[PDB]
Asks: 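Here it is, the structure, as structure tokens.
All chains are named by letter (A, B, ...) in the order of the sequence lines, taking the proteins before the strands, and each is independently numbered beginning at 1. Going by what the header records, the deposited coordinates were determined by X-ray crystallography, 2.0 Å.
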Amino acid sequence: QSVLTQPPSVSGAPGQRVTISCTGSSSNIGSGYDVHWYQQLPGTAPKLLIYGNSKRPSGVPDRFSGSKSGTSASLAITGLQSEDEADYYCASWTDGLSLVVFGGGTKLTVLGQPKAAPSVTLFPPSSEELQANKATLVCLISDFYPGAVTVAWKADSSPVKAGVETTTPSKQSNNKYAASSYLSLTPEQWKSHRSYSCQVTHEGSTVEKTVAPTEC
Amino acid sequence: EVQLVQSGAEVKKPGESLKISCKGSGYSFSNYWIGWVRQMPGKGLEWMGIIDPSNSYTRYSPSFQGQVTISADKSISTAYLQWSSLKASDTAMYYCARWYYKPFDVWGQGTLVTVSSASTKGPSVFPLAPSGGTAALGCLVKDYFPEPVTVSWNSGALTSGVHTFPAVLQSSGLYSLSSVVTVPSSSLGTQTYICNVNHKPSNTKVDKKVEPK
């Protein structure tokens with residue numbers, strides 16, 4: 001259980017400043033090992049950003065800095081830029097059962113446009129799909145920012161986690177974000193419940209849509 | 001220039017064996033350890049293991065011990081990651097990187113491994129019917145393999161309001177995606193909407209008209 005703990009998300013506006021903590025345990029930072037930082041832009045390999053706690057590889061601007069005191073390492077980014085938007089991972093050698101440990105990662109969002117709540121459209125299974133002996137509820141989530149949502153499905157009022165697939169948000173052409181979630185059911189399941197709900201949580205607020213088998 | 005170059009993307013089926021490679025250039029490969037890292041789609045980096053190519057010393061994460069074999073052939077500057085029996089859950093990006101005084105200063109470009117029991121299969125296309133003055137409608141492109149599919153609306157003439165989502169890989173081993181367009185409520189019935197679905201791998205072309213209830 002050698003572990004490096006990072007906050008899941010940090011955010012700042014362009015030109016502002018953020019810090020990303022990386023809290024260790026006795027086997028890693030606790031044992032004196034150095035911490036290193038990696039930047040990963042969407043669709044690319046991770047890039048070394050800071051090594052040996054505080055050193056910068058050539059090509060890494062001085063806006064990025066790292067420190068390590070006690071059992072805590074930290075990455076500081078000043079003068080935030082939109083190209084800084086990425087996942088950041090801390091890592092170290094360790095003494096435990098593993099030799100190398102990565103932190104869980106921190107998504108940095110650079111807040112260059114205003115917050116937008118998601119628009120949610122919930123489609124019931126089509127007639128054509130039902131006559132094919134299947135039923136898929138389609139929850140489409142559009143026009144939101146920042147690009148992070150959590151989706152929860154409800155059968156009547158009870159949670160359903162089985163048969164759920166959800167996409168990671170991606171940019172619409174209008175530069176806001178969209179995502180989708182699917183609930184697969186037997187036509188029997190669809191018919192046996194009063195109604196079904198897609199609940200989308202975005203920045204601590206939940207927008208919910210509901211469909212029922214009996215309504216047109 | 002120090003580089004690590006990995007073998008190309010793989011599409012395999014459960015139970016099949018697979019060996020992917022990580023080739024070093026521009027440095028003495030024998031003298032630096034190579035780590036392997038898994039990244040599930042949308043998830044974080046997971047250390048899988050590491051090998052000292054000078055003497056073949058290998059250590060694995062407890063999570064990967066017995067699931068995978070890391071090896072190396074120093075005479076040709078290559079490290080490998082090998083499965084005897086792939087699982088669908090092995091679907092991920094795999095990176096190699098070298099340990100160095102600047103640790104993991106150099107990474108491979110990654111190898112995408114897709115594991116699915118599916119044969120090539122064309123999608124079933126289902127209409128998503130419309131129920132501030134605009135209506136949302138679309139098409140459900142269900143149960144296809146492999147990637148990709150192309151979706152257009154009205155042969156390309158309708159592009160405004162259109163969003164075509166990325167695919168989900170389902171537990172069944174098949175992909176599904178959806179495509180929506182926002183259109184004026186008053187144009188319904190009068191204006192006709194057709195999604196055009198192209199799946200080259202199976203030579204499937206479907207035209208599905210989407211109409212109100």
Asks: Look up the drug at chains A and B and give its PDB name.
Replies: CNTO 1959
Asks: Curious: how does the deposit label chain A?
Replies: CNTO1959 light chain
Asks: Can you remind me what the PDB entry calls chain B?
Replies: CNTO1959 heavy chain
